[PDB]
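Consider the following structure, which contains SYR-472.
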Amino acid sequence: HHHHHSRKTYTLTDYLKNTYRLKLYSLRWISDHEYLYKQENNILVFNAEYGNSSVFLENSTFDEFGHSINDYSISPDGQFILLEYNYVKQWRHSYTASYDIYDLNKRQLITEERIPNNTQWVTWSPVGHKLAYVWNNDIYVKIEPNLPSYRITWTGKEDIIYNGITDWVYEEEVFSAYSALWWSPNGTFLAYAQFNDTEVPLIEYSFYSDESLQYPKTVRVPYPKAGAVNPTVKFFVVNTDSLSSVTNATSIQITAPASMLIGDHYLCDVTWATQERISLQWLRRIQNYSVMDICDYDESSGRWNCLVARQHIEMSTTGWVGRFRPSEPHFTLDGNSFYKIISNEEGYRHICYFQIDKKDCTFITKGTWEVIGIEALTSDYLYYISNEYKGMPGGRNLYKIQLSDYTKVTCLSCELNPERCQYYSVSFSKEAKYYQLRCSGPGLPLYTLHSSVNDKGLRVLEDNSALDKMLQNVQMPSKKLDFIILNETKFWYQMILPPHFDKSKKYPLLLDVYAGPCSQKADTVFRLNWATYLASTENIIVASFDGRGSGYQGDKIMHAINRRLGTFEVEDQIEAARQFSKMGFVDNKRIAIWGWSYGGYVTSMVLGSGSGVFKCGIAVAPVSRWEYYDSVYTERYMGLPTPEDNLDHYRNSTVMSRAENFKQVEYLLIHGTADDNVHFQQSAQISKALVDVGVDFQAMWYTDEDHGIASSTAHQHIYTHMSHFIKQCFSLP
Amino acid sequence: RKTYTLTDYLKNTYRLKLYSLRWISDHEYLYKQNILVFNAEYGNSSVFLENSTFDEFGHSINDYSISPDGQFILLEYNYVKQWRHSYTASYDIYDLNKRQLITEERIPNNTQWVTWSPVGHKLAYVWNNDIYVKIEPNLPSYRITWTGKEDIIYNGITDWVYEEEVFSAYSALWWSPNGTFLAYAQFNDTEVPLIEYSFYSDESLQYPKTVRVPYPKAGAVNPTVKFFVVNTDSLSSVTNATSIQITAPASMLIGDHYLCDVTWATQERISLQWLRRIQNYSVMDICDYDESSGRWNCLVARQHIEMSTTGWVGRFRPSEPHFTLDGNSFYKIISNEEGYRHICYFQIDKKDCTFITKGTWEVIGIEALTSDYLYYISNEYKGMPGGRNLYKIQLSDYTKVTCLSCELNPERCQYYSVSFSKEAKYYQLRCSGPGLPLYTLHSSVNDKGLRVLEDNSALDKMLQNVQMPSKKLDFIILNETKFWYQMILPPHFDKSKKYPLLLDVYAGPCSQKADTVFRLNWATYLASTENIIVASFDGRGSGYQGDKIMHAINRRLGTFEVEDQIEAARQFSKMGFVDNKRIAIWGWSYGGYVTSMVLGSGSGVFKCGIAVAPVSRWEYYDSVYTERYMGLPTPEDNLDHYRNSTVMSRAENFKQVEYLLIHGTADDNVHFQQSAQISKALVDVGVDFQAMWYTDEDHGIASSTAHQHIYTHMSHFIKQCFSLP
Ligand SMILES: *[C@@H]1O[C@H](CO)[C@@H](O[C@@H]2O[C@H](CO)[C@@H](O)[C@H](O)[C@H]2NC(C)=O)[C@H](O)[C@H]1NC(C)=O
Ligand SMILES: *[C@@H]1O[C@H](CO)[C@@H](O[C@@H]2O[C@H](CO)[C@@H](O)[C@H](O)[C@H]2NC(C)=O)[C@H](O)[C@H]1NC(C)=O
Ligand SMILES: *[C@@H]1O[C@H](CO)[C@@H](O[C@@H]2O[C@H](CO)[C@@H](O)[C@H](O)[C@H]2NC(C)=O)[C@H](O)[C@H]1NC(C)=O
Ligand SMILES: *[C@@H]1O[C@H](CO)[C@@H](O[C@@H]2O[C@H](CO)[C@@H](O)[C@H](O)[C@H]2NC(C)=O)[C@H](O)[C@H]1NC(C)=O
Ligand SMILES: Cn1c(=O)cc(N2CCC[C@@H](N)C2)n(Cc2cc(F)ccc2C#N)c1=O
Ligand SMILES: Cn1c(=O)cc(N2CCC[C@@H](N)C2)n(Cc2cc(F)ccc2C#N)c1=O
Ligand SMILES: *[C@@H]1O[C@H](CO)[C@@H](O)[C@H](O)[C@H]1NC(C)=O
Ligand SMILES: *[C@@H]1O[C@H](CO)[C@@H](O)[C@H](O)[C@H]1NC(C)=O
Ligand SMILES: *[C@@H]1O[C@H](CO)[C@@H](O)[C@H](O)[C@H]1NC(C)=O
Ligand SMILES: *[C@@H]1O[C@H](CO)[C@@H](O)[C@H](O)[C@H]1NC(C)=O
Ligand SMILES: *[C@@H]1O[C@H](CO)[C@@H](O)[C@H](O)[C@H]1NC(C)=O
Ligand SMILES: *[C@@H]1O[C@H](CO)[C@@H](O)[C@H](O)[C@H]1NC(C)=O
Ligand SMILES: *[C@@H]1O[C@H](CO)[C@@H](O)[C@H](O)[C@H]1NC(C)=O
Ligand SMILES: *[C@@H]1O[C@H](CO)[C@@H](O)[C@H](O)[C@H]1NC(C)=O
């Protein structure tokens, strides 16, 4: 006699086998009024206006193909489809693949002059059907899909010269992309970066492969660790309309400002402003100074001129420039003006309006909140996401501001579904006539389509009723999102609370940590994850805290750990734990901490702190000392590890130096052997230091797994392993 | 009141005293304290060098070495370990008759091997893979070889696989008995593939180093070998030394082969043994110096073949010959018709040898040979394969055999080794168990005891206070055949009680884990403090009991020796004092393989286990060892069984057990690879297990801190498996 009360919980197997599936609604805008979507592997076009859809491409159209198709891309003009197959993953964004082009009009595979195997990147021009691709680190252009390619670059060289694609650090830390090609708006020009890794040292590590491989392979990747020789970069623009089968193409170089050339620098943003005007942002290796150049094509010479009178400097006295890099400009149609996110006088990030000829910009938004991103710009309105609503830095809503009157700001998303929806992202149609809103929480995700004309809702695309239906009699956890005041400053936390949460009781507490610069772990997003299991099934509170160095609340918080990683952010997690115990529903003897990546570092620094607050913790793929990690991320926050810069704090902020203090705690250290990002080295050095002072700890290596430890089997194994460790640390049967 | 603790084991609270002498003549020996010479006669000892004669040397002296004539001492410093035996060092020579360091024409830094000639004070050494000879310590050295090249050509020193698996040594230099000739081998690793692994080094090193070592895994291209002899009495300052090659016999040059033994017979006769890559066929060459030629000749009529139809040849390699004084006769250990290893007497000029020992037991080694007597160690006494005693056989009558050690102290002493003086007039006996080690000195003329050198009374006194475990050594019968086991039994062993049991396994070919040796080790702690029985069992494949048992796993690694550890454990649970809910198993090296194969067997006998630096599949291990037992991993040889004998293939069965897998990341021997493939296989079938890597540790995991950490980590694991707080 169970009286239909909820007795199921969200189990580990539920998490690992995806029993409860979040439904997405992924679409790709092709025009201002149409998008594509998949239904049972068929590709449908949907017309946003009248809600209808015709099948665009049958699920069976490439049955005969003979290869499994990984992805596709349709040309802007709708006449060709690019089919990607033989996908082989490289780093976070990079991969190689084979490509075939299918003619949608003639309904046939192009068979002549095919894109080669092992292609590294492919991109349609933004209009028409020109193709640029990179193969063997060289850029090629096809003006028509069945015609011979024009080789643009001849300097490409494996691990040394990269044309049109990024090297390792630029991929992971600057562009968040493999691609380093930018077509001009109408496809006349093709801009590209060339990276030179010639004297960049190699990280070398073993890759064991299938058990058939008799001798392990040594992988060798150019990787600048902090203070090491960095890649250099050059920027070019080629006119694709004046290509020629008989003469090699002329790439016009756009050189960095002298203020950048006097030392090590980076190329940190590329943005076309018009058909004949491109903006570049460069960044000094000491990343507190950046320069935007605005460069016009000179018709009579066929070269590019960046007028000093249109240079813009963005700098910071309290930290680095930008959240992770200088923000990108959104240009007006005429290219004489642009909008960009920068920190205001009070350290808050807001949209500034620039004319290209003027040094002073004027802020169009302000307040003790921040603009997350500029999402679209029309002639009358600018659309942006911000955390203004209710002063909740972990919320996200879409707003629009009238360009002619800045006091006219409308929230488009705030009141749509206030209880269910407080974390929005947006996808606008090609000229902003429609937009898809994606609400990610705190309720179940919700995908809606809107006409921007008068912001009326057209329809619900996906409302996750199937999941809602399944969860009716499952004892799910809740999320408390709130703040504590420390030194007259709000710091936000979230708690994943077990079902039937009773403040009278004392719960074990797991502190789930990132805490890196501009991190945010206290937000309104709904998640089905390991923490859901721990709270639901194992009755553990899983909490996260955004202390100093956290993002989206201004520079006085975010920049507080400048040049001082492994200090305040570490201390604030410990303090968070003390505060959580102060709240009266936490068992002080069963507080644990875990993190991945920066969170691994913090977890480790906390467990080695001697605080006595934490019984145990898990560090997954942690940084152990900053000199081991890449230059652009590390130096952003730490400067250079030289006696004249910041070597002392590099040396003071290691987990190894704290080995002795791990005698007080139970520690599990986990690392993938093929981690190209945070090298296995980092954990190898932790383990060696703990061994050297005689502290027992648990370890797990993951053969051939990288930073994501994301293989289906490894992912299940690591979470199972961590679950056993936590349960035993907390004496849960 | 107290027990033998883990800290006791880890910190060496209770030390075993050795007595390590080094003979200088037929009646004198050195010993450390200070360095005394001792008389074998009287035991009177005048000092040779004061504890700090080298007070103002400045360098920490690793080891010393006196020239045979006593005129010079060689000081070794700046020791840096390479592999198991190999190392690099700096060297200085001190004139004893003048009392001063030689300062001219010194031995280079990073010298790889140095050796005195067997008489006088000639010196040969290896530096940058080339051989140099010094006639006098202060004079310039003559360069013998010019082909030495790092990782590629090795003159007078072994490459990785020859060091580890053939010679158990770095040196490949062999002086003739009076020092006239210097014989040397030359190895060529040119097409041997490289094992590559990361070395993380000190925290200060920003980018890991990639260590690369030529290492032939099973079936890979092997090193090639050449053998040379040079006359050191006709070296020139003007002309280059002329090294005479001795080529391997035509029966070996037909394919891949190995040089497996070098034994000088006389001043002008050298014996070489060669082994085919398929190691069931070896040939001994006897080569004589020709004065008018200046050449060495090995008559095909003097070739002696040793082969096996049931396995490989030798225990780990063909045995060494012991030539009579005139060098026309020799004695060596070979398998007889019944498959037992016994001493055969060969005449240089003929095919048939005659066995001078016989029976169902084995000769372990020929220890010394005189005109009247051959001295040897065997396990004959009481039919106990795990005992060892010294015997002498009257050369004029083989039926006259005296056991010299059996009856000296039968209770305390059943495991002897021996060190004879230069002409076998005196000998030191070393008893290693079952009681406390006992070192005694004896005169061979009448095999009388002279004196106790070390009796470990100091250790005996300390142990009085400690609840020490006992050893049971006994056998069981499987298929009308005896298989021996030993058990470390906790103190106050109550056979009406049910004890947890840990099976300690090696179980490799020619292994022996059941013996009469006394040990203070991890098992002592587990027995004394944790009341765990620690058992070992010598099944099929095990050694010193004849070929029928040893060759039983020929071409079939990971079969019978694995089943027999399982069957042993079953038998132990039927002994009534074993808790069958708490049986574990662990092992290192081959024992990690077997442990892993056992735990993946699905037998249900074992709750848990620990594999340390295990082999996971035979293609990952070196060619010399692996192929000895497995042949080649090719379709026409033994590929199928290479494929059938992996621990990865048993991954699914690890669901029934708790496994701890441990490996050093700089293991040059069993590559970290092997455990990496185990862990991946267990991950891929969703088996949870425990792991531990040891950063920059090698196959020994022998760094002081790492040693303590692994045993501590393992102890927690077994205690938790056994529900011991
Ligand atoms: C990439 O950068 C390297 C420098 O790291 C350039 O190599 C130098 O080239 C100049 C002129 O040819 C020489 O004087 C230097 O000696 C070179 N230095 C080296 C090889 O370390 C190289 O030219 C660059 N390559 C490209 C294609 O831009
Ligand atoms: C072996 O190396 C040592 C140390 O590097 C040598 O001694 C050094 O010799 C240099 C001259 O080359 C002097 O400047 C140093 O003062 C010496 N250092 C020390 C610590 O002694 C030594 O001479 C080298 N070679 C031999 C044959 O001994
Ligand atoms: C060591 O072995 C290598 C590999 O067999 C020998 O190298 C060959 O030498 C011959 C004649 O000099 C060349 O024609 C081949 O091309 C070489 N092969 C290589 C390098 O792979 C080498 O001669 C041997 N060295 C010694 C000292 O015995
Ligand atoms: C002893 O032999 C060596 C090695 O062949 C000779 O040294 C080489 O001589 C050749 C040319 O004659 C050079 O190309 C080599 O580079 C030399 N050195 C080495 C280390 O290979 C040496 O000349 C010979 N000595 C005498 C006295 O004949
Ligand atoms: C937890 N977490 C993330 O989810 C994403 C991260 N970065 C942010 C900067 C841009 C990308 N490189 C992704 N980082 C930063 C980081 C810090 C380290 F110390 C070591 C490794 C990473 C990494 N991937 C994180 O920590
Ligand atoms: C337990 N144990 C030993 O104590 C000594 C061993 N060898 C015997 C042959 C000569 C030397 N290589 C020492 N072996 C053999 C072995 C087998 C493996 F499968 C993997 C690795 C080793 C190794 N060192 C052992 O197993
Ligand atoms: C939607 O409806 C209109 C009818 O006016 C039609 O012309 C258009 O092609 C339709 N699009 C579809 C079904 O995708
Ligand atoms: C790519 O791969 C396969 C061969 O493995 C072949 O069928 C195809 O023609 C290759 N080359 C190109 C240019 O596609
Ligand atoms: C283009 O450049 C390459 C290399 O610089 C050269 O070999 C090739 O001949 C050139 N082609 C033309 C048409 O100039
Ligand atoms: C693209 O832009 C360029 C530069 O303004 C211009 O010359 C060209 O006419 C444009 N092409 C098309 C097809 O609109
Ligand atoms: C940039 O950083 C360096 C080192 O921290 C500092 O000396 C310099 O003044 C900074 N620049 C600005 C504009 O704050
Ligand atoms: C021991 O005594 C003898 C007796 O004369 C003496 O000749 C010898 O040198 C001594 N040996 C040692 C090592 O003291
Ligand atoms: C050493 O043996 C060699 C070769 O037999 C011989 O020529 C030489 O005379 C011997 N030397 C001495 C001093 O015995
Ligand atoms: C050596 O081994 C091979 C392969 O097992 C076998 O065929 C051959 O007969 C053996 N040789 C001898 C002499 O037994």
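In what follows, every chain begins at residue 1, and chains take the letters A, B, ... in the order their sequences are listed. When a ligand or atom number is given, it counts from 1 through the structure's own listing order.
- For SYR-472, every matching ligand or chain, copies included, can be listed as ligands 5 and 6.
- The chain in largest contact with SYR-472 (ligand 5) bears the name, in the PDB entry, of Dipeptidyl peptidase 4.
- Other chains with one or more heavy atoms under 4.0 Å from any atom of SYR-472 (ligand 5): A.
- The binding site of SYR-472 (ligand 5), defined by non-hydrogen atoms within 4.0 Å, is formed by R92(A), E172(A), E173(A), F324(A), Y514(A), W596(A), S597(A), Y598(A), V623(A), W626(A), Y629(A), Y633(A), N677(A), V678(A), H707(A).
- On a distance-only criterion, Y629(A) and SYR-472 (ligand 5) share no N/O pair closer than 3.5 Å.
- On a distance-only criterion, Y598(A) and SYR-472 (ligand 5) share at least one N/O pair closer than 3.5 Å.
- Under a 4.0 Å criterion applied to the non-hydrogen atoms of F324(A), SYR-472 (ligand 5) contributes the atoms 9 (C).
- The entry gives the source of chain A as Homo sapiens.
- Listed by atom number, the atoms of SYR-472 (ligand 5) under 4.0 Å from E173(A) heavy atoms are 9 (C), 10 (C), 11 (C), 12 (N).
- Between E172(A) and SYR-472 (ligand 5), at least one N/O pair is under 3.5 Å apart.
- From SYR-472 (ligand 5), the nearest residue that UniProt flags as active site in chain A, along with the heavy-atom distance to 1 Å, is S597(A), 3 Å.
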